[PDB]
K.L.:
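Structure: Xanthine dehydrogenase/oxidase in complex with salicylic acid.
The chains carry the letters A, B, and so on, in the order of their sequence lines. Numbering, chain A: per the PDB entry, residues 742-790 in sequence. We number chain B the way the PDB entry does; in order, the residues shown are 1038-1136. Following the PDB entry, chain C shows residues 3-167, 192-1333, kept in their order. Here the PDB entry sets the residue numbers for chain D, with the shown residues being 594-642 in order. A restricted portion of the entry is shown here, and the contact count covers that portion and nothing more. One-based numbering, in listed order, for ligands and for the atoms of each. Per the header of the entry, the method used was X-ray crystallography, 2.6 Å.
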Amino acid sequence: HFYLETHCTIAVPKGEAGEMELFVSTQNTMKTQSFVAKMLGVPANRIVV
Amino acid sequence: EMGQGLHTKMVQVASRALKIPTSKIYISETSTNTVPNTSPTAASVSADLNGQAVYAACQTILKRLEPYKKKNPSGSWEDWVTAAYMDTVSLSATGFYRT
Amino acid sequence: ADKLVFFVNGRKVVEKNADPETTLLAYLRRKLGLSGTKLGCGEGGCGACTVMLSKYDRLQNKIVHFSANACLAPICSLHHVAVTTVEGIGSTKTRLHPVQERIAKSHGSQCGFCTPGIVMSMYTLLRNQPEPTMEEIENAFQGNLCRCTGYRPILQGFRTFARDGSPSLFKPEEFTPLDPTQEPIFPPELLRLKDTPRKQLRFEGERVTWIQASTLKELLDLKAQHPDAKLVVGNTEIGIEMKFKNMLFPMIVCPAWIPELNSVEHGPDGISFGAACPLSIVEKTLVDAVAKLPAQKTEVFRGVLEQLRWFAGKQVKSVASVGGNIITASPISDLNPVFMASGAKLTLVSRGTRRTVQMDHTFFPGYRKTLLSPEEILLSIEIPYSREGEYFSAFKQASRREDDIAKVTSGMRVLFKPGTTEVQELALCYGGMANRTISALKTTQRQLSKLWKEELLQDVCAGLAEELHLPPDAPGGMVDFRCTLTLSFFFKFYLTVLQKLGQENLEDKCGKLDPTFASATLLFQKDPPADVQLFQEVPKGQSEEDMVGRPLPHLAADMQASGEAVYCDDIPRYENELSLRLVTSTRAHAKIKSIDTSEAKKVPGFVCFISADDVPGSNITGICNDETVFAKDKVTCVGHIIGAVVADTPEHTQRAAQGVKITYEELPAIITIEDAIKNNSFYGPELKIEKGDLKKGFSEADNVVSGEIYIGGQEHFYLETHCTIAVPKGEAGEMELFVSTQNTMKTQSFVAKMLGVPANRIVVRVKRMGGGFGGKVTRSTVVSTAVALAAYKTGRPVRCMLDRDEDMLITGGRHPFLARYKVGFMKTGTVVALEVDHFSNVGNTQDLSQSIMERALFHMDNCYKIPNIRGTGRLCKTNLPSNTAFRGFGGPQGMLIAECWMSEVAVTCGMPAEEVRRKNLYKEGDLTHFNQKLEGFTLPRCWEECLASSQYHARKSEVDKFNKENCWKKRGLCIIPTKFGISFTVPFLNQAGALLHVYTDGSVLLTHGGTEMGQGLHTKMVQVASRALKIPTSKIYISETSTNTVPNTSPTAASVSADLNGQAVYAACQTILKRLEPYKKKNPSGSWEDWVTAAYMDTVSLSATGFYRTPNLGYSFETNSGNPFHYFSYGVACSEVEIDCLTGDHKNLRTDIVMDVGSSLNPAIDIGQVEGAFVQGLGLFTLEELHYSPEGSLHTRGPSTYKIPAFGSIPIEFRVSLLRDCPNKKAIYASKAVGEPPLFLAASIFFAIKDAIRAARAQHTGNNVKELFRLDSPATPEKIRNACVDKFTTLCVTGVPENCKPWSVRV
Amino acid sequence: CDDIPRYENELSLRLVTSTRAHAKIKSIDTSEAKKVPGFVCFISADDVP
Ligand SMILES: Cc1cc2nc3c(=O)[nH]c(=O)nc-3n(C[C@H](O)[C@H](O)[C@H](O)COP(=O)(O)OP(=O)(O)OC[C@H]3O[C@@H](n4cnc5c(N)ncnc54)[C@H](O)[C@@H]3O)c2cc1C
Ligand SMILES: Nc1nc2c(c(=O)[nH]1)N[C@H]1C(S)=C(S)[C@@H](COP(=O)(O)O)O[C@H]1N2
Ligand SMILES: O=C(O)c1ccccc1O
Ligand code: MOM
Ligand code: MOM
Ligand code: FES
Ligand code: FES
Ligand SMILES: [Ca+2]
Ligand SMILES: [Ca+2]
């Protein structure tokens, strides 16, 4: 692809109920949210991308 | 937005739907907590699909402003907006579209 | 020297360049990232920063544990100490500790800002006393404050730790058991460092050099070479000086490690205490001594113990040294008056020199001075044993009993010649009656050889009033009250000695002791608490997953107790974030002639100073486009924001602000409500509601009474002050702000207007507030715009969290009220006509003034029907900081006024107050004075239900009986009803929005316009959403309130937020259900996840907004028609009090509340709201008071001088019950609002007090059962004592010339 | 994404990838990484919650 901006992700934990905010250079916010939620084992409502 | 100017188009689309300058409309970011279960921005249909959802949301708004536009046709968009708020009318709406 | 090493939660910390000015609280939050420990005052009076300190005592050879205020602890004094923060004992990430679990599950945590601190105080207690008594548990929270809970739940929950051991709000049987062997180990590393000998250490900060002396020689040689060098032990005095009195001691020396200064010797004349000995040790040593020795040898010891009983709190007493209290020489020291009267022996040492002196009046030369030479240091003090025929008493009286500054404090001693009753020695020493600790020499000397009888009492009182009399302009004020106390104290001493002589069988050579006088000698004591909560059970067949009506605890309670809950300032700073501090006016009204930055520019980390000239948009802001963002050309109140200073650290902004020189040209200023009335200075016209015919009314009236009353203001004192973090995005003017605010919408538009950018560019995020109570409905924008401008100016993120002193000064609070009334009534009690003119001091901007005065006018009737009524109000424009909304929004003022004249109507009719009130009550279907219909009038049930609950009549006899048996203590019993209109007076604010998303995994993310400030709103909203969607609350989450998820929201106020948003949330749920219908039908036996997945894949929107607006609202003062409210809240409370006719102190014995909250959404939350509201009302009417100088400058700027309700201020027996079977068709799920309504019910304590004062007056001054004396609010100990006119106050009453400039004047 | 300022406590991450096309992971040693200045930790599959 050679997009001038390579892949990047900033994960910021909130400390409460497993809440986590992620700044991601992605075209798929939805799958990012769920894949991170499945990995952490928390409901999707705790993860905002 | 990844450089294809998707937002520009959406702002244009919305600007035409509400009949207000693009200068009054702003798009900041894409977020899973404002619009959920979104499909990936791919298959070249992001403007087709979203432009349609943005359109729908706009129609919902126009619909609610109608009453105030009729009581003051010579009025501006700002006049109708504050009249609507002053008269406890929701000024927020979602929009959805599926092929 | 050099390296500072200590521990934090087991982890070792190595600070190579420790700054002597760095506090522990500053190091923890800003260096270690432990946000659990909060900043509530930096004054040592709130305990929100409480932590536990553990160290190896090289003296006793043991590991010791104690609590301390991290805001006063210099890390430089923590070398080789182990710190334990809230996050150090447990957390939801692992396992919560019993302390955390119980306070959480017991509903003892609302906003949660004070939880960590409470938890740490309870936790520390349990560490030293594994099975404490209830008394010990409450005693551990003397230095802890909570503004939300009302305390009861906290104590009720912890009662389970005590060895003193309708459904319920919680299940104590379910608390996990406490295993004290599972507590964190004392760092083994510290134990190994105990063998390396101690050596002097030197730390060098930006401006202070700190020297940790290891030996007495080092201390002495240092002080002899650098007499200026400041000694510091507990730092609870010097820490205040540096931070608040802006002092700087370039060289500090800490002697705490020196063993000679920590020794405790038991000698033949008494017990000497090393000068560095913390007050906790003096106390510990003395209590053990008083238990072991003869009572006759411990009279003085008991006096010192009585004082320490009311000396600060545990945190301060654990670090504050006895020598520290002495040398400070504060005129209000509670110990010096005692050490002086008993002539404690002080050993003073200098390098080479050594002397001893027994403290007397000469030991205190002048203000804050002592007899020590510059090279001398106090080595130790000897507290004397008592001799035969020698007695000692100690006294103290302030505004509040716990952790407070004494108004008058004293130590009285007397020596009788052997076997006789003739005075050989007499010493009456006082604090708070002059320049410093003094002795009533002239008066005592004259009593020598006199027999202890009536003649001596009369002569002593007369002498003290003359010899200690204070001038009308004396600093601090309240001269009369203060003098009265010096005589009143002696009277108690006098009486006490008669009893003690009676023990010697000399009760014949001394004055007679009247049986009714006896109770006057008793030391404060209180029965065990009796707290019961009654509420309704949910329908027998209600789904177990339906939480509506169930006592589900506050959703964030666990994380609030574990310190994990994140508040604004707890959010990590960006690597490039800056700190901001506001520069404010020091003039009530004047022209700004110039502003000099010269000195600010010289502070390290200084970035810039912004002002009105930096605003790119509009400098006009405020709800009424009344004020400036930054003052321009003029300042209109002491506190008027002129500009801001930007720097890298809070410490640096402090110094920078101090460096902005400002010269003014003063202009005439209007301060008092009287100044306004006199200068015709108001905001808008007079407001008025009139109904009936006054002229005809007063003419048919048998009697007519005229009167006046003043209701003081109030500071919100939310444990978390104002705070705003603004992060500029650098694109198109976008800015993101994290704000502690009840009003996201006005914050967004106020910042937008200021920056001159569209609202769509500004997003305001609120996760939670450490309290709001109305104080953050508008005044919060004041800090937001300033921080916003700094971020816009620097392009960097910036934050600012006001210190308590800035907050109290700048943000203002509840509106002070002055009212004049005229009530016309018959001899049967029926009131026929009523005229009331209200006046409110609003300040330098109109803010919400008008709306507040209207609600006041809407409740000038309370629950009484008056056919002919006229009420008017005026908004007084004054040069004070602008007041604003405070829980009640005007209602509490208007209603207290009504109960005022109503209490008089009864007294005048010679009829029982409950009867007079009962008969003047509205009935189902009546119209109010503003013509609204009272439907669902449940007040009558509450009244009858409360009378039975409290057994009002049966106890009315108990009260008379106690008053007949006691002369210097009286009791009062009073029952008060209330009616509160629910909904915003501004109709269009009665609207709300919600945004609901359902993800493909089934989990739901919900948001609405309401902000969480501890009222459990999110908890309720999740509950509502759960029920509507028919899914478990565990599948629904609410993260935050944001202007970009739900726009145009009303502030979270007026108590309707649960009504409005719960309705919008409901609307959103229905939209989702209606869309899921098709799939539910095709698969009935399917699960929620099944339907969501199906709906998603059939391309159906799983996101919906919800909206709601209350219908048919709108009042018109013109035609006096239309409904202002959607429905009313009802409640009744009965309260019994006991006052000390000699000090002004009082106990809240019992309070019974019956509240109508309709079908409660959450009875755990509502009872906590009732309790919390009532306790704030308790503070509004009896403890809280703000003093302003004659020139409009606020004197009260912190918990030290502003005393809000403490744990011990709540009613011993506290009974709260929710009215059963009373569904409210007018609100979500038949519930009712409850936030504000309860607060006024505290008025029952106000009138019970007046009832007692009535009793006291009727006895100590002939009589006059029809007498109508005035008692203003708050009814503080000064007002209560002065009201109790007796032979003592008669001698205490100062004149007040014309030219007199008093310390403070009533606003 | 990466232009977004770092928080004062923000850390950097870097993936550790396979140098073989197909093989069994016999073992993983972190002795050297632990010696690197500012090293916080190494996470692997054993860490996913
Ligand atoms: C929340 C709060 C509540 C308080 N309540 C009360 C109260 O109820 N009653 C009351 O009386 N006080 C009260 N205080 C005042 C204070 O706690 C006492 O004066 C305390 O004992 C001060 O001791 P310290 O060790 O913290 O002194 P520091 O602040 O460390 O020192 C105070 C002063 O004493 C000097 N000093 C200390 N030791 C020696 C020595 N050996 N020789 C010569 N000089 C010495 C210092 O150089 C300095 O001038 C309160 C303070 C706070 C912050
Ligand atoms: N613990 C706590 N309780 C509180 C507050 C608060 O800030 N903290 N604000 C009060 C005020 S002034 C109001 S109007 C309501 C606001 O909440 P509500 O509108 O959701 O009922 O809660 C009351 N109870
Ligand atoms: O009526 C209220 O309680 C109220 C509260 C905040 C702002 C405007 C208002 O009318
Ligand atoms: O490859 Mo482009 O459809 O995302
Ligand atoms: O209406 Mo409460 O915000 O004081
Ligand atoms: S912040 Fe330390 S006592 Fe309040
Ligand atoms: S819960 Fe204690 S101050 Fe808010
Ligand atoms: Ca604000
Ligand atoms: Ca305030």
K.L.:
Which ligands or chains in the shown structure match salicylic acid?
P.N.:
ligand 3
K.L.:
Within the structure, which other chains come under 4.0 Å from salicylic acid at some heavy atom?
P.N.:
C
K.L.:
Of the active-site residues annotated in UniProt for chain C, which is closest to salicylic acid, and what is the least heavy-atom distance, rounded to 1 Å?
P.N.:
C:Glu1262, 5 Å
K.L.:
I need the atoms of salicylic acid closer than 4.0 Å to a non-hydrogen atom of C:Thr1011, numbered in the order shown.
P.N.:
1 (O), 10 (O)
K.L.:
List every atom of salicylic acid that sits less than 4.0 Å from any heavy atom of C:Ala1080, numbering the atoms from 1 in the order shown and giving each element.
P.N.:
2 (C), 3 (O)
K.L.:
What about C:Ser877: any of its N or O atoms under 3.5 Å from an N or O on salicylic acid?
P.N.:
no
K.L.:
Salicylic acid versus C:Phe915, non-hydrogen atoms closer than 4.0 Å: side chain, backbone, both, neither?
P.N.:
side chain
K.L.:
Below 3.5 Å, N or O to N or O, backbone or side chain included: is there any such pair between C:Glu1262 and salicylic acid?
P.N.:
no
K.L.:
Give the residue and atom name of whichever protein heavy atom lies nearest to atom 9 (C) of salicylic acid, and the separation in Å to one decimal.
P.N.:
C:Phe1010 CD2, 3.5 Å
K.L.:
Which residues and nucleotides contact salicylic acid at a heavy-atom distance below 4.0 Å?
P.N.:
C:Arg881, C:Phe915, C:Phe1010, C:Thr1011, C:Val1012, C:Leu1015, C:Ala1080
